[PDB]
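Heads up: the structure comes next, in structure tokens.
In this chain, numbering begins with 1 at the start of the sequence shown. Both ligands and their constituent atoms are indexed starting at 1 by order of listing.
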Amino acid sequence: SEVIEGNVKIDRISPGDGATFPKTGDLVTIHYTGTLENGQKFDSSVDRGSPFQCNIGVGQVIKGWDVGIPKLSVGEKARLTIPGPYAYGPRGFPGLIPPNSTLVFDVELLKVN
Ligand SMILES: C=CC[C@@H]1/C=C(\C)C[C@H](C)C[C@H](OC)[C@H]2O[C@@](O)(C(=O)C(=O)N3CCCC[C@H]3C(=O)O[C@H](/C(C)=C/[C@@H]3CC[C@@H](O)[C@H](OC)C3)[C@H](C)[C@@H](O)CC1=O)[C@H](C)C[C@@H]2OC
């Protein structure tokens, strides 16, 4: 596991084309599962049967996603461990994430665009 910006950790699980990497502003199609540090699952889009899309690195998602995702190539599966300051910090999210939580994200880069 690699320690990227802000102390976010990447655990590579299954490779991508090792060549198609998301660039700033690129639209990404991802499948994620979010868990707290205890393993307690709080969200998943796989459960929704619909992948998430956002433009990467422009402030649309929490910073751990912004620093994290661009280091993945199309088709890869990896796990992002994100500390509070790079996620929801001291505020959290009502009914999902408590103040100061470290978030674990299992994500799959389906397509870059
Ligand atoms: C108003 C319209 C609702 C709009 C909802 C959608 C488009 C649907 C989309 C599937 C979101 C999920 O809803 C099904 C749901 O995703 C979580 O469950 C989740 O796993 C998560 O953490 N995600 C989602 C995947 C990207 C990383 C992170 C994120 O960065 O998400 C972003 C996030 C909340 C950023 C805040 C931005 C404000 C800053 O202040 C804060 O700064 C700390 C960080 C999302 C993408 C916002 O851009 C847009 C929205 O919120 C949140 C725990 C609760 C959130 O509910 C909404």
What is the identity of the drug or drug candidate at ligand 1? tacrolimus
Hey, quick one: which chain has the most contacts with tacrolimus (ligand 1) in this structure? I'd like the name as the PDB entry has it. FK506 binding protein
Between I97 and tacrolimus (ligand 1), which residue portion shows a heavy-atom distance shorter than 4.0 Å: side chain, backbone, both, or neither? side chain
Look only at interatomic distance and state if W65 has a nitrogen or oxygen under 3.5 Å from any nitrogen or oxygen of tacrolimus (ligand 1). no
Please verify whether a non-hydrogen atom of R48 lies at under 4.0 Å from tacrolimus (ligand 1). yes
Are any of the protein's heavy atoms under 4.0 angstrom from atom 48 (O) of tacrolimus (ligand 1), yes or no? yes
Looking at atom 17 (C) of tacrolimus (ligand 1), is any protein heavy atom nearer than 4.0 Å to it? yes
Return a yes/no value: protein heavy atom under 4.0 Å from atom 4 (C) of tacrolimus (ligand 1)? no
Hey, is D43 touching tacrolimus (ligand 1) through its side chain, its backbone, both or neither, going by heavy atoms under 4.0 Å? side chain
For atom 45 (C) of tacrolimus (ligand 1), grab the closest protein heavy atom and report residue, atom and distance to one decimal in Å. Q60 O, 4.4 Å
Of all the heavy atoms in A87, does at least one lie under 4.0 Å from an atom in tacrolimus (ligand 1)? yes
Identify the closest protein heavy atom to atom 55 (C) of tacrolimus (ligand 1): which residue and atom is it, and at what distance? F93 CZ, 4.6 Å
What protein heavy atom sits nearest atom 44 (C) of tacrolimus (ligand 1), and how far away is it? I62 CG2, 3.7 Å
Are any non-hydrogen protein atoms located under 4.0 Å from atom 52 (C) of tacrolimus (ligand 1)? yes
Looking only at protein heavy atoms, identify the closest one to atom 28 (C) of tacrolimus (ligand 1) and say how far it is in Å. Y88 OH, 3.5 Å
Could you find the nearest protein heavy atom to atom 9 (C) of tacrolimus (ligand 1) and give me its residue, atom name and distance? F52 CE1, 3.9 Å
To which protein heavy atom is atom 11 (C) of tacrolimus (ligand 1) closest, and what is the distance rounded to 0.1 Å? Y32 OH, 4.5 Å
With a 4.0 Å cut-off, strictly under, does atom 39 (C) of tacrolimus (ligand 1) pick up any protein heavy atom? no
Protein non-hydrogen atoms only, distance under 4.0 Å: does atom 1 (C) of tacrolimus (ligand 1) have such a neighbour? no
Heavy atom of protein inside 4.0 Å of atom 26 (C) of tacrolimus (ligand 1), strictly below: yes
Write down the UniProt domain of chain A that holds the majority of residues in contact with tacrolimus (ligand 1). PPIase FKBP-type
Write out the binding site of tacrolimus (ligand 1) as chain and residue number, heavy atoms closer than 4.0 Å. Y32, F42, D43, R48, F52, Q60, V61, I62, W65, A87, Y88, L96, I97, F105
Just the distances, no angles: every tacrolimus (ligand 1) N or O to protein N or O pair closer than 3.5 Å, one line each.
| unit_1 | atom_1 | unit_2 | atom_2 | d |
| --- | --- | --- | --- | --- |
| tacrolimus (ligand 1) | 16 (O) | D43 | OD2 | 3.3 |
| tacrolimus (ligand 1) | 18 (O) | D43 | OD2 | 2.6 |
| tacrolimus (ligand 1) | 20 (O) | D43 | OD2 | 3.3 |
| tacrolimus (ligand 1) | 22 (O) | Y88 | OH | 2.6 |
| tacrolimus (ligand 1) | 30 (O) | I62 | N | 2.8 |
| tacrolimus (ligand 1) | 48 (O) | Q60 | O | 2.8 |

